[PDB]
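Worksheet for the structure shown next.
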Amino acid sequence: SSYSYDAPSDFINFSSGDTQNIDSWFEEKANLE
Amino acid sequence: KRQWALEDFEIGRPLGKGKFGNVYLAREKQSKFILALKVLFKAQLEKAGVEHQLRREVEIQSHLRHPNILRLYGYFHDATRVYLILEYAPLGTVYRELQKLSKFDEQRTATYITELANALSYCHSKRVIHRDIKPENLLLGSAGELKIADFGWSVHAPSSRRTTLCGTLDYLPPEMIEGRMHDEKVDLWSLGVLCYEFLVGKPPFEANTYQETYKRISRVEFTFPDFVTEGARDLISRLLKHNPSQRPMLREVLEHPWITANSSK
Ligand SMILES: Cc1cc(Nc2cc(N3CCN(C)CC3)nc(Sc3ccc(NC(=O)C4CC4)cc3)n2)[nH]n1
């Protein structure tokens, strides 16, 4: 299928509380005209 | 950018039996960072017709950033499987704690309720309705803090009200039972059901047959055991209103005098 999601699949360096922008995704998706 | 690959993980034991047999203790190989790794098989998803539900769940929960909401750090897939890379919560499910303890004292319940209201408050600021609040969908981290874990029925409702009957029998709001449209106030209902199960050990509308539970939820037919204190009754009664419009705001829950008198620093 499309197992292609509007979602994170990039490798994360876990070995290092604010990545603030990320949830902006909701209002932007609502703001879609 | 570099994408996840299975090879990036060491896999340990299943975290759970039964319906959770599916989620493993996992380790990212370089960082040694411990994760839960949920494995789903594509073909069984696609035969079931639930793959679009999955999309929605991942999209929602991977964009939510809160202390009391389990991180979904990311996902990836291969020829046969989809993998969800989730926060590991070492103290297990609230539901297990209830099983172990029978019922919770007032301090613990108010603390759980505070933590949870804070999570749904934040969820609602995003136009997300959870729609499956119940003890198994709740996990405990290191410090015993509550985290919301299962977003399998959650929806982003930015404008339009919802028609989808979903959730768990004993937790269904009346507006769903009656086949009316629903909004974010469903989460307030289930919150009241939960606060009741916390203190009593069983949910308020439990019946032998689902037919009979539906009916009691619609008529809001329930009673409290003598041990339930007046402030706990008031709160539960406020949350458990047939008219969703009558249910309090989450800020009101957070400011309720039983909640304030009983939750921690
Ligand atoms: C995802 C996840 C799970 C955890 N932690 C645990 C921990 C756990 N333990 C069993 C009991 N002892 C007391 C210790 C902890 N048992 C389960 S069994 C279990 C497995 C999965 C889920 N929930 C989900 O998969 C949610 C995402 C949909 C609930 C319980 N999960 N941290 N992160």
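Chains get letters A, B, ... in whatever order the sequence lines come in. We're sticking with the PDB entry numbering for chain A, so the shown stretch reads 6-21, 26-42, in order. Chain B is numbered as in the PDB entry, which gives 125-389 for the residues shown. These numbers come from the heavy atoms of this one structure, side chains and all, not from hydrogens, waters or symmetry mates. Each ligand, and each atom within it, is numbered from 1 in the order the structure gives.
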Ligand 1 drug
tozasertib
Name in UniProt of chain in most contact with tozasertib:
Aurora kinase A
Other chains near tozasertib with a heavy-atom separation under 4.0 Å: which ones?
B
For atom 11 (C) of tozasertib, is the nearest protein heavy atom closer than 4.0 Å?
no
Quiz question for you: does at least one protein heavy atom lie closer than 4.0 Å to atom 32 (N) of tozasertib?
yes
To which protein heavy atom is atom 16 (N) of tozasertib closest, and what is the distance rounded to 0.1 Å?
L139(B) O, 3.4 Å
Atom 13 (C) of tozasertib: the protein heavy-atom neighbour that sits closest, reported with distance to 0.1 Å:
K224(B) NZ, 3.5 Å
Any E211(B) heavy atom less than 4.0 Å from tozasertib
yes
Quick one: look at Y212(B) and tozasertib, take heavy-atom pairs under 4.0 Å, and tell me if it's side chain, backbone, both or neither.
both
Which protein non-hydrogen atom lies closest to atom 30 (C) of tozasertib, naming both residue and atom, and how far is it?
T217(B) CG2, 3.4 Å
Which UniProt domain in chain B is home to the majority of contacts with tozasertib?
Protein kinase
With atom 7 (C) of tozasertib as the reference point, say which of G216(B), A160(B), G140(B) has the nearest heavy atom.
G216(B)
Protein heavy-atom partner closest to atom 3 (C) of tozasertib - residue, atom, separation in Å
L263(B) CD1, 3.7 Å
Please confirm whether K143(B) comes under 4.0 Å of tozasertib, counting heavy atoms of the residue only.
no
Protein contact of atom 5 (N) of tozasertib - nearest heavy atom, named by residue and atom, plus distance
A213(B) O, 2.8 Å
Among all protein non-hydrogen atoms, which one is nearest to atom 25 (O) of tozasertib, and what is the separation to 0.1 Å?
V147(B) CG2, 3.7 Å
Backbone, side chain, both or neither: what part of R195(B) comes under 4.0 angstrom of tozasertib, heavy atoms only?
neither
Give me the nearest non-hydrogen protein atom to atom 15 (C) of tozasertib as residue plus atom name, then the distance to 0.1 Å.
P214(B) O, 3.2 Å
